[PDB]
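Remarks on the structure that follows.
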Amino acid sequence: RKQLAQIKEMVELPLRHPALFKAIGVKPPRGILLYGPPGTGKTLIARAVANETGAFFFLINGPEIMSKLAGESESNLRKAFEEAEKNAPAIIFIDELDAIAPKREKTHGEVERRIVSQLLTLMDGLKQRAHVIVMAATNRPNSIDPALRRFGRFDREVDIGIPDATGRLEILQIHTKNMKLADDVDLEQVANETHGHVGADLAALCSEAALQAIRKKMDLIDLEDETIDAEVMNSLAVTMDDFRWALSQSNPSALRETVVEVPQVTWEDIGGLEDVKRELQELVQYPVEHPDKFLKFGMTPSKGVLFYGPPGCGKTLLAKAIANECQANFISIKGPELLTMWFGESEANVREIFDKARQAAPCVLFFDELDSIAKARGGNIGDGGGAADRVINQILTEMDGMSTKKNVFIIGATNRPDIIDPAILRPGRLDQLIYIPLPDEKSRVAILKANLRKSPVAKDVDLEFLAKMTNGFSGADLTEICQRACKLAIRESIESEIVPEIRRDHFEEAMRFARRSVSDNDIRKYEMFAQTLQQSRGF
Amino acid sequence: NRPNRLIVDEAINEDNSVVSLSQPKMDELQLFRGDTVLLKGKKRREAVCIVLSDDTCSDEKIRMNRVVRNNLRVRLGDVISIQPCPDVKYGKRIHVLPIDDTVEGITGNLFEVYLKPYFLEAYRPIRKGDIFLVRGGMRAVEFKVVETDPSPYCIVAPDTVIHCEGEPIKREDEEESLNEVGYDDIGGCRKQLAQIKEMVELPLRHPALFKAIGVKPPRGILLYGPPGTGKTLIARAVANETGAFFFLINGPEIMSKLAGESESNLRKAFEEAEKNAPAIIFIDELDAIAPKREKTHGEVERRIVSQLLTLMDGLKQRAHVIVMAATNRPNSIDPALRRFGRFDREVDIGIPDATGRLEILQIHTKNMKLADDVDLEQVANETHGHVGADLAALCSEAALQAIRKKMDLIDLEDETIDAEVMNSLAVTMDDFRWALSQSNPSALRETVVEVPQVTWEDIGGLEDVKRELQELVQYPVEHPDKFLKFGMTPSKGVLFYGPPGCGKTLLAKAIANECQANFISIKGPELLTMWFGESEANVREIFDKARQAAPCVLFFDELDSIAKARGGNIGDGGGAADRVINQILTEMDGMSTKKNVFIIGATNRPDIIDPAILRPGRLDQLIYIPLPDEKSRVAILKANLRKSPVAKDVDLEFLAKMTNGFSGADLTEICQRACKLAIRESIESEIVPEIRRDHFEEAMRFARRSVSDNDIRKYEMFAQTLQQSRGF
Amino acid sequence: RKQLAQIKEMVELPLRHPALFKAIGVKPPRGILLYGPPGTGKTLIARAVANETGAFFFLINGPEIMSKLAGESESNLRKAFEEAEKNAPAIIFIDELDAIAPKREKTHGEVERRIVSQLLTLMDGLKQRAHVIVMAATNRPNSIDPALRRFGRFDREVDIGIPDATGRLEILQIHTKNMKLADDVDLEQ
Ligand SMILES: Cc1cc2c(C(N)=O)cccc2n1-c1nc2c(c(NCc3ccccc3)n1)COCC2
Ligand SMILES: Cc1cc2c(C(N)=O)cccc2n1-c1nc2c(c(NCc3ccccc3)n1)COCC2
Ligand SMILES: Nc1ncnc2c1ncn2[C@@H]1O[C@H](COP(=O)(O)OP(=O)(O)OP(O)(O)=S)[C@@H](O)[C@H]1O
Ligand SMILES: Nc1ncnc2c1ncn2[C@@H]1O[C@H](COP(=O)(O)OP(=O)(O)OP(O)(O)=S)[C@@H](O)[C@H]1O
Ligand SMILES: Nc1ncnc2c1ncn2[C@@H]1O[C@H](COP(=O)(O)OP(=O)(O)OP(O)(O)=S)[C@@H](O)[C@H]1O
Ligand SMILES: [Mg+2]
Ligand SMILES: [Mg+2]
Ligand SMILES: [Mg+2]
């Protein structure tokens, strides 16, 4: 939705008013570069915006250029540009570009850099003259010739990520609108258990689910005829088990990367921690929702917040809770995934993970368990020197190039804040330090009312009573208690088959098998860094 | 709607023309057990068969064998009409003559050995124009009738005389030979075949049905499996047994010709399929067609890659055409071809297990009649890494050994061979024994997909962990209705820990077979030898095989091997983390909770593994394997000698009564020593063959302890206090 | 000695009885791959087993294929296979193969993988039809295209190592038989 409107801002404005641009000095768009993983819809949206404007549209994807003999491939591309000039206004769209201009460490073949030079010539000479726009699409950032990303050829780029749950909701109906659904069927719950599906994945899933429904009646009906009657087409309708069996197959097996979703946790949804709820807003909410402030008094807002404390305190959720109330998206970067993408002595994939948070403004970036990088360099005892890395210096240098007026907010999280370099803790990258203490009574009662929201828990139990005994337990312990109680209740529910509700004794058994996620000595270690922390800066 | 139409499906019985049905259809058409049934098809032809009764079957379908499928010209996915015919028929005179197209090299009388055993205990009627295939003499030959008694009135009875003439007739174009591959010529891959049966014949037998509906039919299907799995055989069968056109281009004939016409040949191979719709396209090898990877050598070879991408990208609906390709390894296909719309659906065909390998022997030795003392059961149990090609080569060379064993002394030098000695030949025990002792089993070994055969009664003891493993595996497999009414979510990972030699691999297998799931065993050192240095690139594909083979239970045997290489005993200055551990712990988090894939880890020193995989959401439940108790100690002894003639003088419970502080390795090695000493005195007495009490008595005294005592209390001090180690 | 008898088990059996294999279902051998260090005798034994059977034998080693101009090298190999079909039974022997199909980390040159694809085509299409066997020899295991070691092309391999003392005894006399030796001379020590 966000990616479409800003195309609506740069395509139809310089097309529906050709003579308006001829008098004004504003240079219209020429080149638009597309992004996104394969199957995102790089072709569908281009075809829609090229066919629903009335202007001419010409299609050349990539391979038909390299499929023909040498010599005429360049001529075809050259004529495809002059044919668009005469019938102005026109538009040009290129489906895949990564296999067209691989002017990188490959540099194989004489004829293939010829077409790269040909396209560079055909775009470099594009003065105003007529009203023509070329557009290209690709799958990864490190696949476009850097000579094409210069100003005047490809200076404006849009990143289209994997849709979230509410983004994936509309994709189901925009393809199943001709499929009338029964009363007991809804598309809401089925689009909630998935988190990495794109339009192509959902289209394939619905197609095969419909095939399953077709065969479920063709196996017993056995109607062998050429033409089919409409008296049975209308009676057919997909059921619950079809969408259940569709996802249990191998079609969800796809590629997973940084997903852009919006959180759904707000102030009433959580409880307690009034001492840090009062403070996080002071440094996030106001310099987002109050543009008039923060420049009359001078000064400048922060960019970075480092979260620290006992493990299992729910730092990721605490960071999400503030990002959704400022009308910003959220990208979750957990520790080990930034380590598995490191390989050895070659990553070359850092600069592009920050731009997605920039095009999707406003956005709140989160680094979950940043302590993973220090794990690999040196842990526990450590090496002879500092725990610095070529992946840490490159990100701490990258976060300093941004202007203070951008709304991008980076948030770090760690669990052992004594081994991280003060280099990122410098006054100007990570200024404010915020401590996450153990959950109090108001949060302990809330976590229990939240982790069983979809269970038929009887009213015989008391929610406040559990938090009354539970004092020295962390979020992991509070969750695993409920997990154990539900696990024992679900066993007796099946055993009675040889009524299905959770009773007080079910929580009572889970009470006795409780353990402590954290010890005691590490606690006072954590709140001795809280009051005296500015002393560690610089030394 | 005339409820008599039945859907055609292949039969499972390995015999002559016998059609199986269900029980409601038995009483619906008022037909008895043994009766003459009438079958009607298209092209105005009549065929007869026998209805067989079955109860353990599917809901509603017929079982249509290939012998009369060619007789009635009916393929898979068509319709068949059945009706009773209570007509009394008696056979007196039948005339049959072979065709001179396949009788080369056969001399002598062929009616007293190929027609006598085939007719007795059959009572199978015949019609005019029936094409039935018989077996015998290392080959299969079909018969055809030209003139006989007026059809029908033909029943096999001993009172029917025969007489040969000695003049074959020329075969016409009305029928086809049965020597080609059919749907019944493939065995070993059963799950992989049915889901192809779900995506090939459905969008082909109903072309106009898809034109009205909005469901997009399949276009590209990518095959997998090690070489020799059968990537060509199944494709040829599914392309030839559907009636649609099939065109073959493997890979090398494209690159063998001169530059310029190779692309033209591929371009014309696609337009020739459009006009004669419906058609199908199959590509034998693809890894050598599109190597758009670190190779990128040669100008003309990426030209054909772009040509094929162009020819598949432009494939709109139009006609009903499907392209299929096969390969040998996952890291050999151009990633540009695996996009949505070209290759989005993939099937993994692994090495068949023992019961999978059983059928491959007979589907190639059916023409080889075997003696009484020979069976194919035991010979397919000692092997674990053979595919169809390996077994075919093994049987071919075993037959050659049998041929030479009589050609060395018979010395019959003649052009044509007689059938009087072909029938007398039969392979023996020593042939299959000597076949495997040669170098033909030397092949490539990888992850094999087998089903365990150990259940609750097969093992004993450990009631405290049998009671618990089921609570977290069995119910959220066999009870789909649960685990969402109460909310919550099932687990994915279980980590096994304790003294070495406790049988953790077997304990993990015991639960996987009772939930109707396959099993893949990943032992420690094999995932280390595939690591090399700074380059593995082979992790992402080892998890998808457990996903396509749902349900499946994955097992990591001795995960502690990875920590061994990074740092052991003392350890390094930091954590024992690795780029092979982070990439798998990140991969196991991308999966949805509703998948039925279950990963199980096993270790022996659970104090040096990173808590990163022990996070609450990857490895939540921790299960301890204690020392075997009395009930398991008696069971292991009754299990490890199941194939030995142990006398009744010994007592099974008595041994477990002395044995208290011994582990599974010790319990096994005691029996190994007892058998080893008994087998020596058995041979020494030759200068009776049963195990006596003293044989176990000597093994009793030479017993050792696999584990010490101090490590024990170390193991059960982590059992009660383990949640404290999470996070620190 | 051991390596020879098992060739005696797979060459003359499917050649001296052509019509016997036509009636039975046993698939005769097609491809036989040789091994051994250079000078082991990969050519001598092939010539002996091809000349002492009466069947036709055609020789193409390796380099004459790559020595000629581009375009006719493939035609020569193609015609060398059809010339053997008409005069059945026949046999085909290739002297060196490591320099014919280097489909490995080398992958240099356009025309040289062309002949690899040509030979793969000419062997892949070999159904029963006549009684023809192709044989090839090499010097090291990591020099054959893995695509050629598949089932049906090269699935049976023999390793011929360096002969031992008693193995080396006979080699002296099989070449010095025309050299009459004195009384005080012996080839044992
Ligand atoms: C499933 C869940 C697990 C978990 C864990 C854990 N160690 O697994 C830790 C913290 C919160 C957790 N939650 C959780 N999840 C949510 C909420 C919520 N309550 C408020 C809260 C969160 C963090 C802090 C204080 C209080 N708690 C609120 O609703 C949305 C999701
Ligand atoms: C050959 C064999 C060796 C072995 C060993 C070993 N250190 O070699 C350890 C554990 C079981 C072993 N088995 C074994 N194998 C089997 C069974 C069985 N008994 C039940 C059992 C298994 C593990 C645990 C408890 C009890 N034991 C059961 O039948 C199938 C195979
Ligand atoms: N965002 C989307 N919304 C709706 N349908 C979509 C979307 N993306 C893809 N589809 C469907 O998927 C089909 C194929 O889309 P593709 O063009 O293959 O996707 P893509 O992003 O262009 O990546 P390629 O072209 O496959 S490399 C389209 O015809 C649509 O039916
Ligand atoms: N699963 C199988 N069942 C029965 N026979 C098989 C099977 N797989 C292979 N065969 C036999 O082996 C012969 C050769 O099969 P291949 O096509 O070579 O196997 P493949 O899996 O296609 O790998 P290639 O083509 O050799 S790279 C077939 O003609 C069959 O006789
Ligand atoms: N095993 C052997 N027994 C007897 N003479 C041999 C043997 N091997 C080689 N020779 C002799 O050596 C000569 C040359 O043999 P070669 O063909 O060169 O050996 P090779 O094993 O084929 O390796 P190449 O062809 O040189 S790469 C033959 O003509 C024989 O005279
Ligand atoms: Mg597209
Ligand atoms: Mg094949
Ligand atoms: Mg030589």
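Simply put, chain letters go A, B, ... down the sequence lines. Using the numbering of the PDB entry, the residues shown for chain A are 210-707, 728-768, in order. Chain B uses the PDB entry numbers throughout; the residues present, in order, are 21-707, 728-768. Note that chain C is numbered according to the PDB entry, with residues 210-398 shown in order. Excerpt of entry shown; contacts counted in excerpt. Header says: electron microscopy, 3.8 Å. Remember, it's 1-based here, ligands and their atoms both numbered in the order they're listed. Atom set for the values below is all heavy atoms of this structure, side chains included, hydrogens, waters and symmetry mates excluded.
What sits at ligand 1 is the drug CB-5083. Looking only at contacts, the largest set of contacts to CB-5083 (ligand 1) comes from what UniProt names Transitional endoplasmic reticulum ATPase.
Other chains contributing a heavy atom less than 4.0 Å from an atom of CB-5083 (ligand 1): A.
Per the PDB, the organism of origin for chain A is Homo sapiens.
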